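What follows is a single structure, written as structure tokens, with notes after it.
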Amino acid sequence: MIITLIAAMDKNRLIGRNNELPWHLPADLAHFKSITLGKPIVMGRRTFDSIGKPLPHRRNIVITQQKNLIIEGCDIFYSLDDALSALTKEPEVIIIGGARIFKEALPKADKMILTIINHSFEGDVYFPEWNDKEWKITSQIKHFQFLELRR
Ligand SMILES: NC(=O)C1=CN([C@@H]2O[C@H](COP(=O)(O)OP(=O)(O)OC[C@H]3O[C@@H](n4cnc5c(N)ncnc54)[C@H](OP(=O)(O)O)[C@@H]3O)[C@@H](O)[C@H]2O)C=CC1
Ligand SMILES: CN(Cc1cnc2nc(N)nc(N)c2n1)c1ccc(C(=O)N[C@@H](CCC(=O)O)C(=O)O)cc1
């Protein structure tokens with residue numbers, strides 16, 4: 001199983017604000033869709049609420065500590081470790097966020113797919129700092145930009 005983090009972030013690593021995104025970038029969302037189509041996507045409960053519904057044509061997996069919580073359309077796990085353990089036989093697992101999930105996933109991450117937006121927005125949640133010496137750029141396309149890093 002390859003563990004991949006996919007995130008859209010600005011130059012300060014901002015990813016969220018008041019549990020929404022600080023932008024709307026249609027080019028990013030269609031990038032996110034093709035990349036995640038047909039694969040297990042792992043998200044936190046707050047990120048699920050932000051989206052508002054299961055993303056179609058994907059196995060939506062939500063991590064919560066709420067034991068009575070049921071979300072229609074999605075699989076619930078009570079830790080990232082229970083999720084990853086249940087997806088052992090999968091060839092790729094895609095972690096979509098948010099800030100808390102990214103931070104816990106990062107040290108297990110094999111690959112990162114990052115949209116870095118050239119701007120500075122106001123917000124309150126961030127993508128965790130990664131040691132640039134531990135990763136290598138496998139692809140860079142400057143449109144914002146798409147950056148693929150492999151560990
Ligand atoms: N720019 C981007 O690419 C992305 C941005 N975002 C943005 O990020 C923000 C949401 O991120 P954030 O607020 O950090 O919240 P998260 O999306 O990380 O979800 C947090 C919740 O996930 C559950 N959780 C997290 N870790 C664990 C664990 N180890 N075990 C059990 N449960 C766990 C808890 O749920 P519970 O409270 O139910 O117990 C926790 O409250 C929003 O603004 C969203 O729009 C989100 C994804 C991608
Ligand atoms: C809040 N949230 C989390 C979110 C947003 N942008 C991201 N962008 C990137 N690059 N990576 C992420 N993990 C990411 N996550 C969202 C919000 C909406 C949709 C969404 O409606 N996407 C649909 C449709 C997108 C479209 O309109 O084409 C899809 O099928 O992927 C996805 C994630």
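Throughout, numbering of the chain's residues begins at 1 and tracks the sequence. Scope of the values below: all heavy atoms of this structure, side chains included, with no hydrogens, waters or symmetry mates. Whatever order the structure lists ligands and atoms in, that order sets their numbers, starting from 1.
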Quick check: what drug is at ligand 2? methotrexate
Main binding partner of methotrexate (ligand 2), per the PDB entry: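 Chief contact partner: Dihydrofolate reductase.
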Could you tell me which organism the entry lists for chain A? Coxiella burnetii
For methotrexate (ligand 2), which atoms have a heavy atom of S50 less than 4.0 angstrom away? 1 (C)
So is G97 in contact with methotrexate (ligand 2), going by heavy-atom distances below 4.0 Å? no
Should you measure from each heavy atom of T115, which atoms of methotrexate (ligand 2) turn up under 4.0 Å away?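 Per the distance check, 10 (N).
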Numbered atoms of methotrexate (ligand 2) (with element) below 4.0 Å of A7, judged on heavy atoms: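 Near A7, meaning under 4.0 Å from one of its heavy atoms, methotrexate (ligand 2) has 9 (C), 10 (N), 11 (N).
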Backbone or side chain, does any N or O of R58 fall under 3.5 Å from an N or O of methotrexate (ligand 2)?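 Between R58 and methotrexate (ligand 2) (N or O atoms, distance only) the closest approach is under 3.5 Å.
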In terms of atom number and element, which parts of methotrexate (ligand 2) are under 4.0 angstrom from non-hydrogen atoms of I6? 11 (N), 12 (C), 13 (N)
List every atom of methotrexate (ligand 2) that sits less than 4.0 Å from any heavy atom of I96, numbering the atoms from 1 in the order shown and giving each element.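 Counting from 1, the qualifying ligand atoms are 13 (N).
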Which atoms of methotrexate (ligand 2) sit under 4.0 Å from any heavy atom of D28?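 Selected atoms, number and element: 6 (N), 7 (C), 8 (N), 9 (C), 10 (N).
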Is there any N or O on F102 that sits under 3.5 Å from an N or O of methotrexate (ligand 2)?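 No, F102 has no N/O under 3.5 Å of an N/O on methotrexate (ligand 2).
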Does the protein put a heavy atom under 4.0 Å from atom 24 (C) of methotrexate (ligand 2)? no
With a non-hydrogen cut-off of 4.0 Å, what is the binding site of methotrexate (ligand 2)? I6, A7, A8, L21, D28, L29, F32, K33, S50, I51, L55, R58, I96, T115
Methotrexate (ligand 2) polar-atom proximity to protein (N/O, under 3.5 Å):
unit_1, atom_1, unit_2, atom_2, d
methotrexate (ligand 2), 8 (N), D28, OD2, 2.4
methotrexate (ligand 2), 10 (N), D28, OD1, 2.8
methotrexate (ligand 2), 10 (N), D28, OD2, 3.2
methotrexate (ligand 2), 10 (N), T115, OG1, 3.4
methotrexate (ligand 2), 13 (N), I6, O, 2.8
methotrexate (ligand 2), 13 (N), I96, O, 3.2
methotrexate (ligand 2), 30 (O), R58, NH1, 3.3
methotrexate (ligand 2), 30 (O), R58, NH2, 2.7
methotrexate (ligand 2), 31 (O), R58, NH1, 2.9

